[PDB]
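Heads up, the thing below is written out as structure tokens.
Chains: lettered A, B, ... by order of sequence lines. Chain A uses the PDB entry numbers throughout; the residues present, in order, are 4-283, 290-485, 490-535. Residue numbering in chain B adheres to the PDB entry, whereby the residues present occupy positions 4-283, 290-485, 490-535 in order. Ligands are counted one by one from 1 in listed order, and the atoms in each one are counted from 1 as well. What you see below is based on every heavy atom in this structure, not just the backbone, and it leaves out hydrogens, waters and symmetry mates.
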Protein chains: 2
Amino acid sequence: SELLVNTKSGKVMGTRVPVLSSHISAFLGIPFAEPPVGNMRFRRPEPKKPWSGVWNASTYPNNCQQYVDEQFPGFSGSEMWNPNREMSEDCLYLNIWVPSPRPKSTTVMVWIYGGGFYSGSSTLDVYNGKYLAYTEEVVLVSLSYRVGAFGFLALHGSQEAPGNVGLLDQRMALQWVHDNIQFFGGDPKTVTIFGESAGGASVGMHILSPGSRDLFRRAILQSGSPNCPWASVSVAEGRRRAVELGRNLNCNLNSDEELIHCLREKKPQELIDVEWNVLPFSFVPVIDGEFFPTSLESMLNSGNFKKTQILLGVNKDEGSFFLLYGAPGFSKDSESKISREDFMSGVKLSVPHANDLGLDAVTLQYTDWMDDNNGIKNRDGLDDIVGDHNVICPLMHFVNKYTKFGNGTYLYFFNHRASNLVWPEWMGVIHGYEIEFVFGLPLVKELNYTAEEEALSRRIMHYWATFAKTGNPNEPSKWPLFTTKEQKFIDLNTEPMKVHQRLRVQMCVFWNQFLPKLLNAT
Amino acid sequence: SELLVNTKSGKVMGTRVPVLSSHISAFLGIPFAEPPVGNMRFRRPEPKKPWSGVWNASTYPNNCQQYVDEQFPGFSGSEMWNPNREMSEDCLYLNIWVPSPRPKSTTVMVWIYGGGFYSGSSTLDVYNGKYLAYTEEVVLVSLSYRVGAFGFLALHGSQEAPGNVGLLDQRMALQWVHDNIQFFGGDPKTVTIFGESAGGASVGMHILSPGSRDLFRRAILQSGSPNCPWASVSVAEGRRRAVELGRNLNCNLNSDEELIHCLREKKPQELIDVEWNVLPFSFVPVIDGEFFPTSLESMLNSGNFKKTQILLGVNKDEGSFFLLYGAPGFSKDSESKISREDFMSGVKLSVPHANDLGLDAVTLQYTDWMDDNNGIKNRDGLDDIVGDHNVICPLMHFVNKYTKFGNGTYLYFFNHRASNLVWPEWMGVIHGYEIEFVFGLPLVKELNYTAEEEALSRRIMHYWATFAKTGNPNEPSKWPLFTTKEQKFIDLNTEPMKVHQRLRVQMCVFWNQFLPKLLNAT
Ligand SMILES: COc1ccc2c3c1O[C@H]1C[C@@H](O)C=C[C@@]31CCN(C)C2
Ligand SMILES: COc1ccc2c3c1O[C@H]1C[C@@H](O)C=C[C@@]31CCN(C)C2
Ligand SMILES: *[C@@H]1O[C@H](CO)[C@@H](O)[C@H](O)[C@H]1NC(C)=O
Ligand SMILES: *[C@@H]1O[C@H](CO)[C@@H](O)[C@H](O)[C@H]1NC(C)=O
Ligand SMILES: *[C@@H]1O[C@H](CO)[C@@H](O)[C@H](O)[C@H]1NC(C)=O
Ligand SMILES: *[C@@H]1O[C@H](CO)[C@@H](O)[C@H](O)[C@H]1NC(C)=O
């Protein structure tokens, strides 16, 4: 049987699913770790103990515990990111889509979902892996990992809540793939890990961390990189927030044991309800000196990281999503013209760690002084501030550092605004919306994309799959390599390829070189 | 006799001169102070003691002792600024052009030459006042003042070398106009002081100084304002440089009297020969508490200054002249493309007072990062850096502070490049070159200007004279008033008058608000 597979942990029974009038093999909700419940919560995961019998793998597993977005109840644009399954701390499962018939030893791609390290699910409609596995003949895998406090509460020194366990969770699913993907037709020596946003930061963290390097071949980073300002914190800040979570829940704060034991008796929603109350994203990776030996910046300067090929990029409007959720004067229904009063508080809010001088620098850098009370210019400038600071420049800093040592870099700028996008037009090319093209949703007619969006999705997948199989997106019209001298990249849209150079250099020299120097002195 | 005039200090005999096939009276070399020689060097001017007989006022007087430029020996573009008469410490004289026949009580304009407070003469071909006195029916006066150590050596406390004596010479000449101009056909109640560069900074200093305010009605400032970074120093810096001048000349430094007496024994050229050796322009006005009661900034915020009408502005390329003379990579016979190494060192030199953070700031603010090695963009950026930091932005700050309390502001941007310029094209519309137009040299045919330049000149002159007589450059195509709201100004060129707003706001916010704050905090 094509559906019954035997693995080092037990037998598994997948199901047959239809894909664009053909079919493929799917193994859903396969366990890769021991449920991190009870005294396990907050701890490094442990491998799933082998089972007897046949594991039913014809359905999606639970989604990890996480804050659930209710800003726009029932709206499909927000709702598509929320758990579409029941939440549970018993959530460490992976999904595999295998082409039918089973390939001898084909290319594997492991998907790592985003959600700011506080949310996310492997089971979203946008991460349905059948179209990619099917269309490109790849074995497609989506893992899961604990988010929020459950995955990142960090009490450095403690072994009961060491920090970075959602990351170790990711590493264990990768190890599982390394150990078992072969029984599915996948080639363990050819695995590409790829993710978007918090997941893209994840990929880059596994490129860094010595203990993950050998568990994959190549990496793809979408709108996220390891060095993002919101992707990690110091052991100090991690400890401080862990204690503050305790304080908020009436926990004896005498010792880490005291604290941790209190947190372990609390029901899930109880941690989730107070999660936001500890900020100066609450629980994120910690630069511990273990998963990450030294500072991210020093590892990058020394070349202390996996040297391989990478494919990465950003979307045109990385910041509009967050402006709509956290800044004054933005609305899902209005054009969102921003007055100068709002613009100003909007920058105070986008560079949370900056002083007055720093704020003046940002302000002056994104204000047209001939037309300072223009609402569109202020809206769009705040969008760029958020996107440049949080996603784009940190990524360009990483792309430049890595290329000095890597074995091949491919950079992209995705600027296509889907024709069926349910979000307001002023939001442009939104953070997260290149994903539906990566996963081939445009190939399904009921979804109503245009003929060119299908064409766009098809070359995006073929670039991705080809890159996964060979280290180069092109089969022997060319996407050029990104070199520290030339710095080329392509646009990704329906129109014909255009090669450009130095993606957002001006603004990124400001964020990467200049602003940090300014905050240092002051 | 029309040429024989009797004044409060003695009879004076002028001469009839030709002007565009006609004639007018000229009274050249009239003494307004006692020769500041011997024990008088560095002291405040003393009024000229009355004489008997008739003073011969038919020729130009001596030029004050100053550094002479011979970077381009024989070259007309640099020599037109050098002394065209013998140099002597006996140089406190003034010149008057009176329309023929003699007006009953017409508008008076007093020219104050520039030259960075270390040079300048009233007798230059470009300041010939006959064309303007003639064409606009005004009585035109050019005064003189001591420059270099002779006029600005400051040892505050001392009364032998109090500093600011060159400003007081200007004030003595203004006082003399007040008391005598009526006998020449001039209206002492309708005098406009006007000058360029250091002379424009001078006019502004007389607007601030309580003791000069009543000696004129209105003011015109061309390419300079009181608050320019190179236009004044503190008493400490003044003293520091005074002592350092003595040191280079082996002087007793035990006390000011010892020093001054030594400084008074050295011949003129000896002081000049070591004038530059004291810079961390050497001797300029001092914020002494007397000529200027408080800081220039505090006087401008409190409105502690003469309230009247002002007409002022800048040229398109204020900085090319100083780049030709002091920066690496510039030449008069080359297109002067600037390497990246030279651009760097060039900003270091342009903003002498800034730390490394300030320098990075300036560099970033003026570098196109997608074409940083373009030689021409580097030349032009350095040009704008010098021009914006030393002339334009200081002036815009002045303009905005003054309009808050003034009684009428008329702003201009002169961007016409003379058809007959002997300086290279890359230098554009140079510092000082709008003067030939203000003085009507485009009206003399052998000078080989075009006819739309003769026309430009005529309207500039008419605007200047009309403004001098009424406080408005337009006789009832209009030059709008500059208001703190609309911030309107006009271009001054051969094409039809265009009205713009916010002259170089973008860069000026950087120079006037952001960089000062950056530096104050670091
Ligand atoms: C910085 O990354 C994020 C922080 C918060 C959120 C998202 C993020 O990435 C977005 C797109 C996708 O990665 C998943 C979640 C996001 C969209 C859904 N919500 C509600 C919140
Ligand atoms: C900042 O002002 C100046 C500093 C130095 C010089 C000049 C300045 O203004 C220029 C134009 C005019 O005002 C007189 C002298 C200048 C041109 C001639 N030389 C050689 C030097
Ligand atoms: C696996 O569980 C699903 C959920 O109800 C069910 O549809 C399927 O038949 C099960 N497989 C078997 C035969 O156990
Ligand atoms: C990748 O590595 C091989 C040697 O291991 C090298 O020859 C090749 O040039 C590298 N490719 C790139 C694009 O750096
Ligand atoms: C005035 O001085 C000039 C120049 O020295 C001389 O030529 C002229 O004749 C003098 N006029 C009188 C009347 O002294
Ligand atoms: C100048 O001041 C007078 C008051 O003395 C006032 O009537 C006039 O409107 C003012 N003009 C301007 C342009 O400020």
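According to the PDB, the drug at ligand 1 is (-)-galantamine. Per the PDB entry, the macromolecule making the most contacts with (-)-galantamine (ligand 1) here is acetylcholinesterase.
The letters of other chains with a heavy atom under 4.0 Å from (-)-galantamine (ligand 1) are A.
Contact annotation for atom 3 (C) of (-)-galantamine (ligand 1): protein present (non-hydrogen atoms, distance under 4.0 Å). Counting the atoms of (-)-galantamine (ligand 1) from 1 in the order shown, those under 4.0 Å from a heavy atom of A/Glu199 are 12 (C), 13 (O). At the shortest separation from atom 15 (C) of (-)-galantamine (ligand 1) among protein heavy atoms lies A/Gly118 CA, 3.6 Å.
Listed by number with element, the atoms of (-)-galantamine (ligand 1) under 4.0 Å from a non-hydrogen atom of A/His440 are 2 (O), 9 (O), 10 (C), 11 (C). Among A/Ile439, A/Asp72, A/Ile444, the residue whose heavy atom lies closest to atom 20 (C) of (-)-galantamine (ligand 1) is A/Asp72.
Residue-level proximity to (-)-galantamine (ligand 1) for A/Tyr334 is absent, since no heavy atom of it falls below 4.0 angstrom. Nearest to (-)-galantamine (ligand 1) among UniProt active-site residues of chain A (least heavy-atom distance, to 1 Å) is A/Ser200, 3 Å.
Taking only nitrogen or oxygen atoms, main chain and side chain alike, A/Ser200 reaches within less than 3.5 Å of (-)-galantamine (ligand 1). Residue A/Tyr121 places a heavy atom less than 4.0 Å from (-)-galantamine (ligand 1). Scanning the protein heavy atoms around atom 8 (C) of (-)-galantamine (ligand 1), the nearest turns out to be A/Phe331 CZ, 4.0 Å. Closer than 4.0 Å to (-)-galantamine (ligand 1), one finds no other ligands or ions. For (-)-galantamine (ligand 1), the atoms sitting less than 4.0 Å from at least one non-hydrogen atom of A/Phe290 are 1 (C), 4 (C), numbered in the order shown with element in parentheses. Taking a 4.0 Å cut-off on heavy atoms, A/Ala201 fails to register as neighbouring (-)-galantamine (ligand 1).
(-)-galantamine (ligand 1) has no atom lying under 4.0 Å from any heavy atom of A/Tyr116.
Below 4.0 Å from some heavy atom of A/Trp84 lie the following atoms of (-)-galantamine (ligand 1), by number and element: 12 (C), 14 (C), 17 (C), 18 (C). Counting heavy atoms under 4.0 Å, the binding site of (-)-galantamine (ligand 1) comprises A/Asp72, A/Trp84, A/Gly117, A/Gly118, A/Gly119, A/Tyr121, A/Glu199, A/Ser200, A/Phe290, A/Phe331, A/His440.
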For (-)-galantamine (ligand 1), find each of its N or O atoms that sits under 3.5 Å from a protein N or O atom, and tabulate the pairs with distances to one decimal place.
residue, atom, partner, partner atom, Å
(-)-galantamine (ligand 1), 2 (O), A/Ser200, OG, 3.1
(-)-galantamine (ligand 1), 9 (O), A/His440, NE2, 3.4
(-)-galantamine (ligand 1), 13 (O), A/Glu199, OE1, 2.7

